[PDB]
Amino acid sequence: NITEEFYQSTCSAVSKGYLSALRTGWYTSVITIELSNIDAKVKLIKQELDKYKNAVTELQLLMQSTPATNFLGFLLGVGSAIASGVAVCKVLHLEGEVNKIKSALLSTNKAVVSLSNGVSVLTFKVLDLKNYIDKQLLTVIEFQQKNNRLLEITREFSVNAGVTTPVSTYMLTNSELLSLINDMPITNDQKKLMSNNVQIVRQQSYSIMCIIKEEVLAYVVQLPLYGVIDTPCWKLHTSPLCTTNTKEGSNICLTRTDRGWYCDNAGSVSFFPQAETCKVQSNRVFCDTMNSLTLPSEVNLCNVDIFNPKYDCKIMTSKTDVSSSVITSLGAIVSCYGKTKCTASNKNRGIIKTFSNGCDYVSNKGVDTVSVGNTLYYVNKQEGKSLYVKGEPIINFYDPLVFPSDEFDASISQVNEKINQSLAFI
Amino acid sequence: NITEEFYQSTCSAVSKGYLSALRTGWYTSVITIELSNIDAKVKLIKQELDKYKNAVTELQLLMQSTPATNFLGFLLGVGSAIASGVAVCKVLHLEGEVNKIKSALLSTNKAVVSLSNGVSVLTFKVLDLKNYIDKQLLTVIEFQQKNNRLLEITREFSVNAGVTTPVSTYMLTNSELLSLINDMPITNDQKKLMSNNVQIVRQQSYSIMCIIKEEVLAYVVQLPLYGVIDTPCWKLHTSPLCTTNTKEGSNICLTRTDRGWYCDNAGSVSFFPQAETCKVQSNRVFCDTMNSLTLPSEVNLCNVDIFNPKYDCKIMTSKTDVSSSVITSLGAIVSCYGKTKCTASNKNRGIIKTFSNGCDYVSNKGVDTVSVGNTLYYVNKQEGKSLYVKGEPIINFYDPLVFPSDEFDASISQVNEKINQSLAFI
Amino acid sequence: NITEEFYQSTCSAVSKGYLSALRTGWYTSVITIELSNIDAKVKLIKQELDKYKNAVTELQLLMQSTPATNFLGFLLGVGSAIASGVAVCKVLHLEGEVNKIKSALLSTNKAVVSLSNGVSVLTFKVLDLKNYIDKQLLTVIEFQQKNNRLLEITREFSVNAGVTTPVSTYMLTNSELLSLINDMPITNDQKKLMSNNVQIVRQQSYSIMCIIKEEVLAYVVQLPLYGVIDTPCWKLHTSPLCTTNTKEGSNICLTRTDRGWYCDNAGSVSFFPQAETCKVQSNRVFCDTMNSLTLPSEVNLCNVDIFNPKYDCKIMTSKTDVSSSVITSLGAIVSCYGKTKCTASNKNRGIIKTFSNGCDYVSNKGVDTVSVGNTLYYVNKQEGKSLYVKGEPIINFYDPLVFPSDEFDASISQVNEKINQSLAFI
Ligand SMILES: Cc1ccc(CCCO)c(NCc2ccc3nc(NCCCN4CCOCC4)n(Cc4nc(C)ccc4O)c3c2)c1
């Protein structure tokens, strides 16, 4: 299942055996709520009724403007996360366009409405207060329960300038969301995947407050499309590889900057430089293509042979040999340099390995924690097999007198080109 | 209204036609809540009463210490976001200083109190529980409704170490906030602007828990002053401009780093390097001067002539010709390089343009989405006119043999100085 | 108590007199909730009962997977913030392991349970709904109050993919938390420190939803261990030090990059490059060692003598002489360059100092605000003594013709090595 290799030569590690679920597109749905325009038992409902009016009044000043959004991570492009959503929203403001929906959801709560600009959208009426108020109201406990949802949606939108994420159970109750997934124009694989991970789907969704007109409240829910499912993913962990000379400051370092999540995708490889745009559930990785780069499948060759002629593996250089650790999926990389105390420990047994200077690695099998300096790291105790791939630390292949000691957006070939240049001049 | 130019020569775009609203100062207000010190129907109120006591008790251990706060974005200074607020808070701890406020808000809920260090502050009593408990309490539903606000403010402060933002309707109800804006010593223009955008104002405000002494709870609300309104703003979007040679890795790139929000301000131009410190509502940009740089109005000359002699336009260089896109206000910039598939599409019609290698641009007029590699971007469908300004890609003016391929905090003149130096040596 | 020195020579300032509280380890505790498996007065409880069932049902699809987590800040390592917690969680899934806890908390609510892998954990039953429902239920107001907590924990976990922080009073009520701290295997110093700062402890804790099996709900609370208390801490503030020549762009700059929080720790000094991983309460600094570097105590020598031979003080260079300010603990650093207007002001008196070009500093004593360009900074009005340490701005010691104008990850010796190299070639 989940496995991991460590490369002693490049001070990196790859965790493989993951299955993609990349948000690729968006599905927009219009959620609605129909509204009403209007002793001791009475006075308490008069208070609960003004709560209603206040919520509505508050939702109205909220919509005096169209809703807002305006290592190698810096290489990414720039999106408009909710452009699709808002695009749908601006259409609901058109006259009659509201009345089509008010009409469509008359005998049912869940209908598909074709809109005037050709977007076919799944509409949903999740709360009919008009029906409740105009009849049942025109018991103090009954009303408070029905009204409470309305007020809470109002709180979320008011403190979020009218765009919320993750999408809450107020915006879309669990049962409403699951059923919304079912009636959705997608595959049986997406339907199951989404349904088995509704808490994730929520995190990847947007609730955009839209309009209050003609006794109707509308807000667009922006839901993820996972066009890429069950393709291989692997996570690349890198740590700094430095020399270990005695005199501190005479050392040269080197770090692979191409770390992140990597997934096979449509011939190429989707690269996620910020591995917090990805959420791992067991062996499934949920990613967002908005936060990715599209690289050749040859990018994977840097792992095994960082000197390969097919892809120019990206690194960075420095003379800053500080100690740290990276806690991988199935173990720990340790960069021990200078006078730092770095160890690995078991729970009850205590210290079971003292790391020598340079980049080393230990697997979580038998290890519970890792210490580098004053920093205690707990390792992930997830089940899986590690493979330590012994090799000569490539930092040893460079002569320190002609080693460029402050490159960030660099690569193996760019370093050799700067060495070849400085070598010539000598 | 909103318009946009694309510069084919510098691979950038400027969206103009926006109106400033920059937070420049802060207004502090002291919000108060007066407190009380003390079968089946009874037992439920005994539970609701201990909820009260627990909230108070919790608010008390919370205040055993003074409240806490201690591309070109890295160039910004560093503020103390709530220094003004806390400055006011430390004054309320002085003896008698509480009793002045308890006194002032005796016959009214909204009074201005001059404090001992010369700060004149608008005080506000938004909930008189003392009055309710000592009289009405010393019905089970009535008490729960009145008490509930107190508990919720207590939740917000307890999970936020006593400083909340955005400011909630619990901290300051909509009606309380609007009326607080009205009695505020500001212009008619600020009052209207603030009131039309209370959800934004909330996002730009702070609620700082302050003190519980002498039957009084106090917390300072820190509200934005918009000293700059209705001055021109424009947003600069940049993308990487690379050469497009066949052999991958023989290409040189170049990106304008001076991207962000730009606003006219008091002779100079306020620059916002992190365009997420700015919130756009329709055509109004709300910004924070805390997150800005003060640049000459001559900074705008980089757009039209990046080679102008009046301002040294800031760029960065690399050899990393990866493909991406930037979704502008009224369109999309596309940096297509190497073997990447980049297209633009309409909704129902499909693909309507295939981008060739190099930096190009397309407007949202007729386009719904843009694709660069495995990444689908939706364009903003906001209404407005785009202008494509044809020009020769300046990256072509540089000889690759003497082009500095890893500059970040650089400029046009710094690159020429490094070229002039390396040229001489040859 | 709290004091501060400014170094005119290096354009930096150090605020000293703080007391450490560094999270070093984690304490895991298993919180439980025991569950039940099953006219006008009746119908409302039938609604409150399905709320129960819905919450439970929702908590169940939430746990179809193991919970998720997968200037000089870039030098830090990488942790697995909740690895310890999840490590404990995966154990509760083992058969019988639940039934041990269900058993242990039969006659009490707070017991220590040894688990099958040798971890001794403090278990806690904070809500016995099984007892309430199977007896009292098998009044409409009573049930709603008891049930409400359950629903709210369910909301927190559902919108957070099952991992929450800060830990709320729903997850662990104030009284439950304090008492959990008391029965904890730690010192009298940690117990008092933790208890006096429960709002902070909450911010530094994790609530990880774990399991629903055998009428039991379990979630692990991950609580901080403060192994380092009451050791000296100091905060280093740096600002750019540039020359002040007339012709703009002929100036060279220099900034100390080693800014952050610094604390004495076990022979070495814990360095916190991102001073927002640290929370200051009065004179106590709460830090996380996960976000730190372990440096020699000789790092403090850069303050007084940045040219000292014991530690290679870290700086960065540029030619970007933009004006800004840094608001220190007891004052303000001002970097005024070019045509910028920089001043310092009192509240009622107005402007009391106009800053000349170059890096200067003013103390909060008598000053309320500082202005640099269009940016108004309020200074922290915290009480304490400042010391201005006059010295020659070291940027004057460098010849601009051979000054490396774009170094980031550099140091005093690396700059001299690049100068010595370029000097030789001339
Ligand atoms: C210059 C500068 C200013 C601010 C930041 C971010 C501040 C952290 O919050 C950074 N990034 C962190 C960071 C950490 C180590 C870095 N090392 C470098 N290389 C120095 C560039 C100069 N080159 C050319 C001249 O001769 C010396 C080497 N850069 C510059 C650099 N940086 C990026 C992201 C892309 C391309 C690039 O050449 C670094 C940036 C860099």
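Chain letters: A, B, ..., in sequence-line order. We number chain A the way the PDB entry does; in order, the residues shown are 27-64, 73-104, 137-204, 219-506. Chain B is numbered as in the PDB entry; shown residues: 27-64, 73-104, 137-204, 219-506, in order. Throughout, chain C uses the PDB entry numbering, with the displayed residues spanning 27-64, 73-104, 137-204, 219-506 in order. Technique stated in the header: X-ray crystallography, 3.0 Å. Whatever order the structure lists ligands and atoms in, that order sets their numbers, starting from 1.
- Modeled at ligand 1 is a drug that PDB records call TMC353121.
- Here the macromolecule with the greatest number of atom pairs within 4.5 Å of TMC353121 (ligand 1) is listed in UniProt as Fusion glycoprotein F0.
- In contact with TMC353121 (ligand 1) at heavy-atom distances under 4.0 Å, by letter: A, B, C.
- Residues of other chains with a heavy atom under 4.0 Å from TMC353121 (ligand 1): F140(A), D486(A), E487(A), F488(A), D489(A), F140(B), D486(B), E487(B), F488(B), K498(B), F137(C), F140(C), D486(C), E487(C), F488(C), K498(C).
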